[PDB]
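Check out this one - darunavir stuck to Protease.
A, B, ... follow the sequence lines: proteins, then strands. Residue 1 opens every chain. Determination method: X-ray crystallography, 1.4 Å. Both ligands and their constituent atoms are indexed starting at 1 by order of listing. Just the heavy atoms: all of them, side chains too, but no hydrogens, waters or symmetry mates, feed the values below.
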There are 2 protein chains.
Amino acid sequence: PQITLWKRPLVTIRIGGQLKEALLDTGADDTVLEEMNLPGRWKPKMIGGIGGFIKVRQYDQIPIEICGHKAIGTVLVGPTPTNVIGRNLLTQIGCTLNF
Amino acid sequence: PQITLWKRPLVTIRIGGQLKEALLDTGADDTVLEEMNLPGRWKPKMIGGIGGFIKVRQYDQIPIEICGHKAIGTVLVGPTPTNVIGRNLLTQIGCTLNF
Ligand SMILES: CC(C)CN(C[C@@H](O)[C@H](Cc1ccccc1)NC(=O)O[C@H]1CO[C@H]2OCC[C@H]21)S(=O)(=O)c1ccc(N)cc1
C-alpha cells in the first residue's frame with residue numbers, strides 16, 4: 001500500500017496467532033512490542049529512546065505478518081508506549097519513504 | 001525521492017542559520033529538535049516515548065527546509081537524543097510510506 005501521514009501509520013499485524021495494532025516507525029531501528037508472551041529463549045537487553053533507557057526481552061527469528069507481508073526477525077518486548085515496527089522489519093517487507 | 005530503510009533516514013534540514021541532520025520519522029507525531037534558542041513565543045509541553053517523557057518548548061509556524069523542500073509548522077525543542085522530523089512536517093513535504 002501507499003500510506004500518507006496525516007494520521008498515525010497504524011497497521012494490523014499477526015504475531016503468534018494474535019492480531020495487534022502497531023505503528024510503522026521509520027525512526028525506530030528496532031521493533032518493540034508491549035508486554036506479551038512469546039515462546040522460546042530470549043536475552044535481556046537494554047534500549048534507549050527519547051526519554052531514556054528501558055529493559056526489554058530480545059526474541060530472535062519471530063514471524064510477523066505486517067499488512068499481509070511476511071517478516072521473520074528480531075522482536076523486543078518491553079515497556080514501550082506503543083507497539084512499533086522498526087527498520088529491521090520494515091526493510092524485510094520492502095517499505096520505503098517517498099516524497 | 002525514495003529512501004530505503006537499510007540505514008537511518010537522516011536528511012539535511014535548515015532552520016534558519018542552523019543546518020542539522022534529522023530523521024524522517026513516521027513514528028513521531030511532531031517534529032522534535034535538539035536544543036536551539038529560536039526567536040519568538042513558545043509553550044511548555046511534555047512528550048513521551050520509550051524511556052519516558054522529556055520537557056520541550058513548543059514553537060509554532062517555524063519555517064524549515066528539508067532536502068530543499070519548504071515546510072512551516074510546529075517545532076518542539078528540547079533535549080532529545082536525536083532530531084526527528086515528525087508527521088506534522090512530513091506531510092507538508094509530500095512524504096509517504098510505500099510497500
Ligand atoms: C516511540 C515512538 C512511538 C515515538 N518516538 C519516535 C520514535 O521513532 C523514536 C525516535 C528516536 C530515535 C532515536 C532516539 C530517540 C528517539 N525511536 C525510538 O524510540 O526507537 C527505539 C527503538 O529502536 C531504537 O532505535 C532508535 C531508538 C530506539 S519518540 O521519539 O518518542 C517521539 C514522541 C513524540 C514526538 N512528537 C516525537 C517523537
What are the letters of the other chains with a heavy atom below 4.0 Å from darunavir?
A, B
Contact residues, darunavir, heavy atoms 4.0 Å
A/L23, A/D25, A/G27, A/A28, A/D29, A/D30, A/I47, A/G48, A/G49, A/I50, A/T82, B/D25, B/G27, B/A28, B/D30, B/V32, B/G48, B/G49, B/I50, B/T82
Out of all atoms in darunavir, which are within 4.0 Å of some heavy atom of A/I47? Include the element for each.
22 (C), 23 (O), 24 (C), 28 (C)
Closest non-hydrogen protein atom to atom 4 (C) of darunavir, residue and atom name please, with distance?
B/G27 O, 3.4 Å
Any N/O pair A/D25/darunavir closer than 3.5 Å
yes
What residue and atom, counting heavy atoms only, is the protein's closest point to atom 38 (C) of darunavir, and at what distance?
B/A28 CB, 3.6 Å
Nearest protein heavy-atom contact for atom 33 (C) of darunavir: which residue, which atom, what distance?
B/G48 O, 3.6 Å
Find, among UniProt active-site residues of chain A, the one closest to darunavir; state the minimum non-hydrogen distance to 1 Å.
A/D25, 3 Å
Quick check on contacts: which atoms of darunavir are under 4.0 angstrom from a heavy atom of B/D30?
35 (C), 36 (N), 37 (C)
What is the UniProt domain of chain A where most contacts with darunavir occur?
Peptidase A2
What residue and atom, counting heavy atoms only, is the protein's closest point to atom 16 (C) of darunavir, and at what distance?
A/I50 N, 3.7 Å
Give the atoms of darunavir, by number and element, whose distance to some non-hydrogen atom of B/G49 is under 4.0 Å.
31 (O)
Would you mind writing out a table of all protein N or O atoms found under 3.5 Å from any N or O atom of darunavir, naming both atoms and giving the distance to 0.1 Å?
residue   : atom   : partner : partner atom : Å
darunavir : 8 (O)  : A/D25   : OD1          : 2.6
darunavir : 8 (O)  : A/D25   : OD2          : 3.2
darunavir : 8 (O)  : B/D25   : OD1          : 2.9
darunavir : 8 (O)  : B/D25   : OD2          : 2.5
darunavir : 17 (N) : A/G27   : O            : 3.1
darunavir : 23 (O) : A/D29   : N            : 3.1
darunavir : 23 (O) : A/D30   : N            : 3.1
darunavir : 25 (O) : A/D29   : N            : 2.9
darunavir : 25 (O) : A/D29   : OD2          : 3.3
darunavir : 36 (N) : B/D30   : N            : 3.3
darunavir : 36 (N) : B/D30   : O            : 3.2

